[PDB]
Amino acid sequence: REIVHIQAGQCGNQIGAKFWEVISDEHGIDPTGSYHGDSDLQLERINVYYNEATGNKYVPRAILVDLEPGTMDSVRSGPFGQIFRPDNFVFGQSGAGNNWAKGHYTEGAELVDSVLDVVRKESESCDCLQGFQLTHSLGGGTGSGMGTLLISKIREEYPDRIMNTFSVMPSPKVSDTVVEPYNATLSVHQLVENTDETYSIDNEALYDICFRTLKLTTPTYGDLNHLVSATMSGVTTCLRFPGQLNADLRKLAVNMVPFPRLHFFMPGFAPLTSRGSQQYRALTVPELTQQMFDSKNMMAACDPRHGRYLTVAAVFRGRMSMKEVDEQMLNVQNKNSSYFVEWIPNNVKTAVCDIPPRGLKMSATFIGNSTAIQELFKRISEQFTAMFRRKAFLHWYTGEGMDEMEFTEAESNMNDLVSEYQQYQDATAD
Amino acid sequence: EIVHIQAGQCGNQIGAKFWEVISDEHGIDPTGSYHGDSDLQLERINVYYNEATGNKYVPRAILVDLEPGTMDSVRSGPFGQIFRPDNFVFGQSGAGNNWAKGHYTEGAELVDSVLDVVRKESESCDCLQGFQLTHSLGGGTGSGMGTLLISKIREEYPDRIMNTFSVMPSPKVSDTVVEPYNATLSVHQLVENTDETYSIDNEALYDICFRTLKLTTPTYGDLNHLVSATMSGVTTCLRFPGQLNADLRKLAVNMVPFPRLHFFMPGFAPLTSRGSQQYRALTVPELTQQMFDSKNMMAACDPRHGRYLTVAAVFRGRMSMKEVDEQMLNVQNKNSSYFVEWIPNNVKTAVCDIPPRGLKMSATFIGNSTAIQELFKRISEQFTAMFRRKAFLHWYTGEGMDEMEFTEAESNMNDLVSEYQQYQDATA
Amino acid sequence: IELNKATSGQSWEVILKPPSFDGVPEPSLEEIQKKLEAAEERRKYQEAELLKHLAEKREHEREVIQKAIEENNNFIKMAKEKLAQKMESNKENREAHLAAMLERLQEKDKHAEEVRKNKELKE
Amino acid sequence: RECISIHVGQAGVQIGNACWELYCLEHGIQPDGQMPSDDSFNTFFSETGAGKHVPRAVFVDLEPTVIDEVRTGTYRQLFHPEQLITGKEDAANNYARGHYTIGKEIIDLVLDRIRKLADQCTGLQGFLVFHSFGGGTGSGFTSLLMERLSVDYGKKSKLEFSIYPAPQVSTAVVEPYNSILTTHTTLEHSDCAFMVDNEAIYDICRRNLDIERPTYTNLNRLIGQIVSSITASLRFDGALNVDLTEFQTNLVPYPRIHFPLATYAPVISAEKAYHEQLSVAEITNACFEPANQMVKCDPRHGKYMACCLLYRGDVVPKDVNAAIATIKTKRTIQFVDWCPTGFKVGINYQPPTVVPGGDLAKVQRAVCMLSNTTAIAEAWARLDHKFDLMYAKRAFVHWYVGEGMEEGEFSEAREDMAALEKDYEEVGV
Amino acid sequence: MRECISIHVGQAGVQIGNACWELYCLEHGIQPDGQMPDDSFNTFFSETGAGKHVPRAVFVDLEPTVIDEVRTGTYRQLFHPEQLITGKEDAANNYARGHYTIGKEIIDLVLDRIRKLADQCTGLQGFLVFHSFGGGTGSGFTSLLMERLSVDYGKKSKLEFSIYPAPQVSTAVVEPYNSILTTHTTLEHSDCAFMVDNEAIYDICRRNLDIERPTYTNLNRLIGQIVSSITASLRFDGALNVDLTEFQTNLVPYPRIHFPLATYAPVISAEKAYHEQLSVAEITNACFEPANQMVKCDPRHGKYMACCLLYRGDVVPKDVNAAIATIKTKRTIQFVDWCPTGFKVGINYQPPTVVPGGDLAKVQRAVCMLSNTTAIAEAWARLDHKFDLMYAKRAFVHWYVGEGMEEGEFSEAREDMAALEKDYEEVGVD
Ligand SMILES: CC[C@H](C)[C@@H]([C@@H](CC(=O)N1CCC[C@H]1[C@H](OC)[C@@H](C)C(=O)N[C@@H](Cc1ccccc1)C(=O)O)OC)N(C)C(=O)[C@@H](NC(=O)C(C)(C)NC)C(C)C
Ligand SMILES: Nc1nc2c(ncn2[C@@H]2O[C@H](COP(=O)(O)OP(=O)(O)OP(=O)(O)O)[C@@H](O)[C@H]2O)c(=O)[nH]1
Ligand SMILES: Nc1nc2c(ncn2[C@@H]2O[C@H](COP(=O)(O)OP(=O)(O)OP(=O)(O)O)[C@@H](O)[C@H]2O)c(=O)[nH]1
Ligand SMILES: COc1cc2c(c(OC)c1OC)-c1ccc(OC)c(=O)cc1[C@@H](NC(C)=O)CC2
Ligand SMILES: Nc1nc2c(ncn2[C@@H]2O[C@H](COP(=O)(O)OP(=O)(O)O)[C@@H](O)[C@H]2O)c(=O)[nH]1
Ligand SMILES: Nc1nc2c(ncn2[C@@H]2O[C@H](COP(=O)(O)OP(=O)(O)O)[C@@H](O)[C@H]2O)c(=O)[nH]1
Ligand SMILES: [Mg+2]
Ligand SMILES: [Mg+2]
């Protein structure tokens, strides 16, 4: 039934707030929380992400968390901001100084129990808790440290529930913080063991999209978050809207995740639009199909043609022909047959939603479990290794009480994940 | 005095038809009241019908079924009113074409209940002759329960005689696969418990209807019509006062040379079609050869394959007894290879001046031929096909049975064929 | 020749040729009832043997109806017992799965405490 | 002087119905028992306080049907409820059943009606047992009764009236078993048995009376004539065969060979036009032709050992010997060495009585012959072969053994029947 | 008397039950309130003191949705609220949840209601279980229930209506696992099972009803006709024939060989025009066309062990026999040497009835051919191979194991299937 949301850190809260702007609009809710939309479907599954409040108002089941008041203030002073329950804003003033150990161990831990009290409150309000969803940065402190800390601490209390994340991968193309690969690597390990599914939002892809495609010379975060949000409404459509399913996180997980350690998804979207720009002419069903399955439309900088799809789930939005859809969908896999594992029969599922997003007469979301994701992990390991080899910036970590072993362990666990991805990539049915 | 039991769908339909044909031949209307012409009818009425004063005539018939279906057919039927309401003994769990169900599990739960009725009906007899079972050998009730009733009765009335009307299953009429399993189990019981067994063959009843009666789509009505005719014909000497003047025990002692060899080949002349059309009389030699020919035997055997141990033949109506005697002696002279020499004067005639209903001249054969082993070889083969592969046995082992009980029943019936064999090859 | 004369009757011999030869020749109730009784003993004993086999058949009928009853109860026992072991081994299995995954987390919870401890030592 | 007519089985009963029907005619008795206006008739009738003369007869049958037919007919008054004994179920064509099974059951009670019939006797001459040969009732029980009659009333004569089986007549497949089995038992106990081959009577009712398909009634019309022509001199004041012990002498030289051949004349029909009524020479010549023989066998190829010529009605002794003198002139008619070549003629002056409104016709003159011939074994050979075929293959035996008998007895019966067959060989030299 | 209880597990089972029970009302002039203006139908509907005719049915599901659509549906009054059972959390397309984890929490409440329907049975014939092969509820819960009823009701007759998974008709990646585990667990507890290949019901709706993309309603309606046609011999009593349980004796030679193949005919579009009508010989021959098979298989290439024809409408023995003759000449109907070649026939008075505003046209006369062919074993092999592909690499296996299952429960289940496959080879031997 219902989902509890947690946004952590700067990026976490940044992409989180926008998800709430996107989906509240999609559900016919104004910044106060009063429903003022046409369709009865916008409410049919509204309880998934919202709480029914007094005065017939709706309030997001979301917990705002950070170690700096900064972004939480940006959010509050922001558009919907007054929409969230202000008790859920679990904030500290310390800061995490882009240090995993300040988040996971030192500073983070002091706030962690105050956060859990609020998550336990939202879990009690629930009729049937489905699982949890975290939006977080993997290169910072709060998102990477306190994020993974919360995942683990929640996991202790709700081992029965689905732990799903929107993890945003750091690229040097977007951020100068040298220690980001350290923080990335440490967080990936926590994910590989504590999350049922993770959507890999990679700032390398995000930047390259806004630049090479949307031709914005100096892309801001607002420009990148626009893609994150477009994707998020997409990846959560069947979760929110009534269709030909049913509508569950566990159901998605059981089908999309064949091997437990391998729950890292490559999101992708079609069409790619500029932040707040009016759409002119809509795309045909083949255009949507072709685009969606293209490297240039992927939310993670990995070439799907360099690996193999274990599982694929594709969600089409807007009023279109399912026979056209079913024709197109089967063409793709019949021509790209080599990029789909033969040992997972009928691994490409398709959901169609008659409700399109704002300003798009037709959308298409892609969720793939391609072995190609190793490319991203490798990219991080190389980035980590370079610095680790020289024991670079380590006293920022050892100064928080950490160990050089914890670091070597983390590298090793990353390396194993890549080898695991490669094994099934190379695996043949004969 | 004879006590009549009818078991299963087949047995109750067969039985209902005997009871209505004979009701007309005795002048007893569907209510149970004498309206007949000659007092010759009521002379030997005490064999089948009882009194109520009345005068009301109730048939000495006990009705048994493991489901109500058939019982209600009778009840709702024309002559169905004549039966003692307190004589309908039935269950609700049909045994469903399973000998092991009717014979053990389901049947046993209704046997004692039936026996009480026979006990009652036998007490109201000055002296009883024996018993009359009408049943199918391929079903569950008649096949299994009917054989169970015979066994139980044999224990209560050992001295009283066991006469049965046993209809033989054929793949022509009825598609149930298991029929051979039932019949072989049924036959095994009849070999040991009855005294006289009238082997009515559905293979033959169908072929007669088809090839000869020219009935393109033969129904049970048409099949049963021949059976009712023959039943009245084989009971002509019992229910009718003539020079004979005999019974069940006398019939058995004279028809049955050896114990086990008690399965008879019923016959009939002329082969009448349902309702349509009658017209034109038959000569005595036309009647004789018809009746003595395979195209008239209610059993699927060629009599020219074996040898008749003993023959019985009841002629009906106004005919020259001279003419009758004349043709019989001529027949025995011509086909002397197919009659046993070592049993002298083994062909027995009978005449009765009252002609049957509609047709004004009849002939009813009863042969105890070694040829009958052909009806058994058939049954045994159909059994063996399924049995060598242990097919459909689960339905039987589920009812408590063992594979041994099947292995024996076949063995015992194969031994019966080897027994009929001995006298087919034997001379003087 | 003469024999006798009477009221409503008479008689007389009549020889036609003499005989060639002058010479001529060339029960107990105790034992009938002993033999009558003898036949009755036999008839009564073979009927008693017939009675033996008929009652031996009653036994068979009692055996099979019992086999069917026992076969169903052994079946119900097996079904019930297999399911008991199935539902338990399951509970047993799944429980250790969760108890171990909580231990793995509690072990990681141990680690965090020592990092906070290692930072204190460093001051 | 008293004489008990015992009637066992369906034949012996129906046969006993015909005879007492004829006696009541010949003596002038009514079916009520009383008679209006020569004392020798009383050798068969016991008078009551009501002047009614009740027959000295006991009817035995193991099924009610036949005896119940007596208690129905006009002659219902003639007899007492005690003298018409009926069981429940008959022997069902089974000798062994009639003897050991249903026999034992009714024996004592059967002897009581005889006892009480004999407790009314000055001195019983003997008993006349009527019965069939191949009936289960008219074989098994008769033989059982003869066993006890030979004990309980020993030394008193026994005159058997047996009905020999025939295919032309209502015969049963088991009859040859019953026939030999009964003869084996009823051999030592009979003193003189008069066989009646049903085949012979059948032809007689055809060729002469002109009845193609004769009824039992019509066949019994002649059996009463002949049986009455046998008993004639006992019921009247005659000279030839004045007692039962006379036949044992007059016809039985060798004791086992006690089966004389009967013969009667004239066989006459009423539905045929009037003519010149037959002479003594007419009916004496006829008496020798096998056309009127009571039993079917070749007398021409058989060595004789006795002869009688029992006449009736309007005869003259000269005319009688006038026919004897004419037959020895043409035919030889052989005789055994140890036996004298000659008759024992006797004339019972009483007239030939025929049933008023019957098949038979009123005749002034009538004759019957009693002739013991080795030729009578030609019918025992018929029976002995039929027995030998079935018994060879044991066909039907199980039924007899089922009633308590033994295969031991089946052979004992045939061995004795082969020994009796040799007695006709030792004699017919 | 002769009472029959229908149990409907999961989404497929329930939705079919609705198609079934709707038709049943129409079939028996019954109104959706329970009232109605041959007493043989009482075997399926119990009657009350008020005169209402309540079905002898139990509707079960681990999640509420599907059942709630009936509790609010046009037939909210047709059933008892007690007899429509629901859980809160579903089986997440996982047998192990349906069976153990989640089913354990409902089973006793389910069995208790079956007991209360069992009481209203003067003499129960047995149970009819409608379920999917691939649902977590359809697989797990059904097998638990079957096992449980075999203790509760011992050897009492248990019949099945199992929906065989097809790619075109939804399906999920784990469905082979679900279908193989369920076959194995139910195999003993089942006395007879009627397989329904969703592809075939898809193909028929496409080729005959001319529906380009058929709905669940469309399929379920077609299915209901076949199912009703099979059960006609129990809700009706005609002199003509009508006689299940008898078919069942000929159909099942051995206990494991209890899977008849239905070959329903005629399927006619409700917009066919001149159409009226088809002879017995048309409809009989139709049964021998693979295009009409309930399961996609090749019995022209497989030996026969039984053949049953179930006529309904305006059928007369003349043409039936005349038809049977025309077929019985042709050499493609090859029976084995151990069983006869006769065709068991049954005939009804009541013609097939049509649904208000239906996809199908109204036929004067319809037939359903149940047969025991070694060609049904292909459906097993088809499924087994798909299972074999994933199991080889133990794909998705962890979701099962995580719920308390053992790897062996998959070996055992597969070995049993290979035995069932070997057993169908062995049986066709002459
Ligand atoms: C080969 C034997 C079969 C089974 C018969 C017969 C059944 C019958 O007579 N039946 C089936 C119910 C009753 C009966 C029939 O049809 C209403 C009426 C008129 C009748 O004879 N009734 C009796 C009473 C009765 C009722 C129930 C049972 C027996 C008798 C009467 O009114 O006098 O159908 C004509 N038949 C040729 C057939 O055509 C059947 N075909 C077969 O069984 C084949 C395929 C030929 N077997 C290898 C089928 C297509 C109906
Ligand atoms: N002449 C003659 N022979 C008879 C008569 N009744 C029967 N028979 C013959 O007797 C033989 C059979 O014996 P039955 O006396 O009839 O039978 P039963 O066993 O003695 O007596 P039941 O048991 O009452 O039939 C056959 O050869 C018949 O032809 C009759 O009235 N007259
Ligand atoms: N023919 C048909 N197939 C269906 C229907 N509903 C689901 N299916 C099939 O059932 C399978 C999935 O199983 P479900 O019954 O939906 O799932 P469930 O676990 O039993 O039930 P839920 O927990 O409600 O999802 C797939 O193979 C579908 O094709 C239906 O109404 N008709
Ligand atoms: C109750 O009905 C009958 C009873 C019997 C017989 C019989 O066939 C004519 C019947 O009619 C069917 C009978 C049978 C067979 C015989 O030999 C084959 C025989 O010798 C003798 C007979 C019968 N006796 C006579 C003289 O026919 C006695 C038993
Ligand atoms: N797309 C996106 N990336 C962001 C945003 N804010 C920070 N980042 C990324 O997050 C990483 C650092 O995490 P950050 O959120 O600053 O640290 P935290 O506040 O301590 O969790 C870098 O790689 C940045 O690229 C944002 O709003 N959007
Ligand atoms: N001749 C004839 N055979 C019948 C009749 N009814 C059924 N049968 C046959 O009986 C056999 C099966 O026995 P049945 O009467 O159905 O079963 P039961 O009720 O369990 O004794 C088959 O060979 C059928 O062809 C009928 O009335 N007449
Ligand atoms: Mg007798
Ligand atoms: Mg499910």
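Just so it is clear: chains get the letters A, B, ... in the order the sequence lines come, proteins before strands, and each one is counted from 1. Counting starts at 1 for both ligands and their atoms, following the listed order. All values below come from the heavy atoms of this structure, side chains included, with hydrogens, waters and symmetry mates left out.
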query = What drug do PDB records list at ligand 4?
reply = colchicine
request  = Identify the macromolecule bound to colchicine in this structure with the most contacts, using its name in the PDB entry.
outcome  = Tubulin beta chain
ask   = If you measure heavy-atom distances to colchicine, which other chains fall under 4.0 Å?
value = B, D
query = Which residues from the surrounding chains have any heavy atom less than 4.0 Å away from colchicine?
reply = B/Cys237, B/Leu238, B/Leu244, B/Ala246, B/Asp247, B/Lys250, B/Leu251, B/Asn254, B/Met255, B/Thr310, B/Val311, B/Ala312, B/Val314, B/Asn346, B/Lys348, B/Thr349, B/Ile366, D/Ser170, D/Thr171, D/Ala172, D/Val173
task = Tell me the name listed for chain D in the PDB entry.
result = Tubulin alpha chain
